[PDB]
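Within every chain, numbering begins at 1; the chains are lettered A, B, ... in the order of the sequence lines, protein sequences first and strands thereafter. Order of listing sets the numbers, starting from 1, for every ligand and every atom in it. Recorded method for this deposit: X-ray crystallography, 2.8 Å. Side chains included, hydrogens not; waters and symmetry mates left out as well; all remaining heavy atoms used.
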Amino acid sequence: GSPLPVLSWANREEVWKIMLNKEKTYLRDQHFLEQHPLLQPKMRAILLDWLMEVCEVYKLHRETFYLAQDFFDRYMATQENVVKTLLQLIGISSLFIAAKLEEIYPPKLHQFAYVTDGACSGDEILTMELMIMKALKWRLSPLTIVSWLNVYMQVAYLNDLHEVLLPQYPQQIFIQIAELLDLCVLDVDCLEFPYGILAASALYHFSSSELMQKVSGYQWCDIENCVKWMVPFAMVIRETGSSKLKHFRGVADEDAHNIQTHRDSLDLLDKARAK
Amino acid sequence: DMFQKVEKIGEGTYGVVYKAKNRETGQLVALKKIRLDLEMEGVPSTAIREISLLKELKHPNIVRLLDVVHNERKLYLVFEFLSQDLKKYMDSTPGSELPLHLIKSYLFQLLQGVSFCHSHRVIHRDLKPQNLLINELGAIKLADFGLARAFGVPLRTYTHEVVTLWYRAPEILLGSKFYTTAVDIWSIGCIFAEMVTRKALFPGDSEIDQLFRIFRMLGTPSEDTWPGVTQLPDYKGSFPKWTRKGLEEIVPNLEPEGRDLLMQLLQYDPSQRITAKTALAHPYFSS
Ligand SMILES: CCc1cnn2c(NCc3ccc[n+](O)c3)cc(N3CCCC[C@H]3CCO)nc12
């Protein structure tokens, strides 16, 4: 099962089992917007796209963004009949929690309020964050989509079997795949696929089935439906061209691949879902 | 609320810990209280981390979170109660109350707890005797996960100058960009020695005093003992060049195989440092 090498600090198979059980304990519903019957999937795509932009401005990690997306989608699936006017508050509160979890120096509440441009106050965000955390039962430690890409890349590029914890993958392959994942995640249909299979499918579209299998342990039967779902998204990414690694002020250049970026993806999402 | 707040045990990494009792059950609990009215940024990062970790981290040698209660501008973490912590036990007792067999069973349990954490991709980053809770049956549990972090594989750069100074690993003192689960193993070696000697192994006053106490006993590290050590942010050629003191003289009452374990726990080079899993297979624990 384990694509991982032998580990000194743990059993490889056990570490990999623990990770797969997590995926099953954290449950996602591609149909959760049927509980909010007057909301459209485009509303979620705009909200998440907006959160990526906030992330890029505050040099937040991709991990912080994907944590917020998971909290958003799992919180909404616990609730019913949420009015479209509260999505910004739920989104920004999700990101507030995600930032306090993942960031060393997270932005202050005043900045999360500032980006909402009047709509959401600090008090509204403090109220909402508690509402979210109690609804989720404080289950705030998922393996995100991007956490799976981090580990697949490490396995692909592993040189030192004594340094499996020290990252040793190239930066441009990582951000190219993350760009495809950032596009897919704007479509709520993505939630039908486990987050490890989404990571694996986006890697396969930039790779081979030889590599996908090597880094992930999945077989073709496992990712087939996801891979096929993901094709219009891959195609659109290929035709628009991939983005170059950015430098971020105050971010080490060997750490810059971990910073969430943002392009005009709602145009790509239209193009993609056309097909 | 539904608790007779017997008393205040003390203060954690965050909040205040109280001993209390349930009225309905009569059961003894610990209460870590947060004042949400005094928190400009809402629930503290440390609290969100501890709650989220301990919801999914369950093991005989890890303290149990029983409930999280939100009543007013107050948030209460309800924990199983334990009667002693290792710091207060060691400050209240003779050496005879910490025999060689109880040190062995305490250390074994600590490694099982830490090993479970590392396999669940968690680093405590604050292992010290005050955070080690002991019951009357002979169990020891890790507590206070407010300074802990779930790590990724592979891991990124995280907060620096973590871990209480006395139990802090030298790769953190030399300002290394990446630290791993090995920092938790340094602390354990420091606690192991402290249990046998009844006093702290490295009682430093500063980061540089801390680093000199370590060098005095283990020797000043070189590219030969610790490859890359010279390329570390806070390394200086200006450092004195002490040499290894014999461990037989620090911990004479400790058996041969146990002095081998302590030497392996307290390796300078975090890459050459034993893991919790390997440590549990050590001959020390097979008589
Ligand atoms: C997790 C909550 C908990 C449950 N029991 N317990 C104990 N029990 C032992 C003990 C010690 C001294 C007096 N009394 O009455 C009992 C201590 C303790 N702590 C140690 C001191 C600073 C706070 C806190 C740090 C580590 O959680 N926290 C807890």
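Notes: drug at ligand 1 recorded as dinaciclib.
Bound to dinaciclib with the largest number of contacts is the chain that UniProt calls Cyclin-dependent kinase 3. Lab note - other chains with heavy atoms under 4.0 Å from dinaciclib: B.
Filtering the residues that UniProt lists as binding ATP in chain B by heavy-atom distance under 4.0 Å from dinaciclib yields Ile9(B), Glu11(B), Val17(B). In chain B, most residues contacting dinaciclib belong to UniProt domain Protein kinase. UniProt active site of chain B, nearest residue to dinaciclib and heavy-atom distance to 1 Å: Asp126(B), 8 Å. By chain and number, the binding site of dinaciclib at a non-hydrogen cut-off of 4.0 Å is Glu7(B), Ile9(B), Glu11(B), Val17(B), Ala30(B), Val63(B), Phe79(B), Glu80(B), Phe81(B), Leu82(B), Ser83(B), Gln84(B), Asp85(B), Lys88(B), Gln130(B), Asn131(B), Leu133(B), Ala143(B), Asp144(B).
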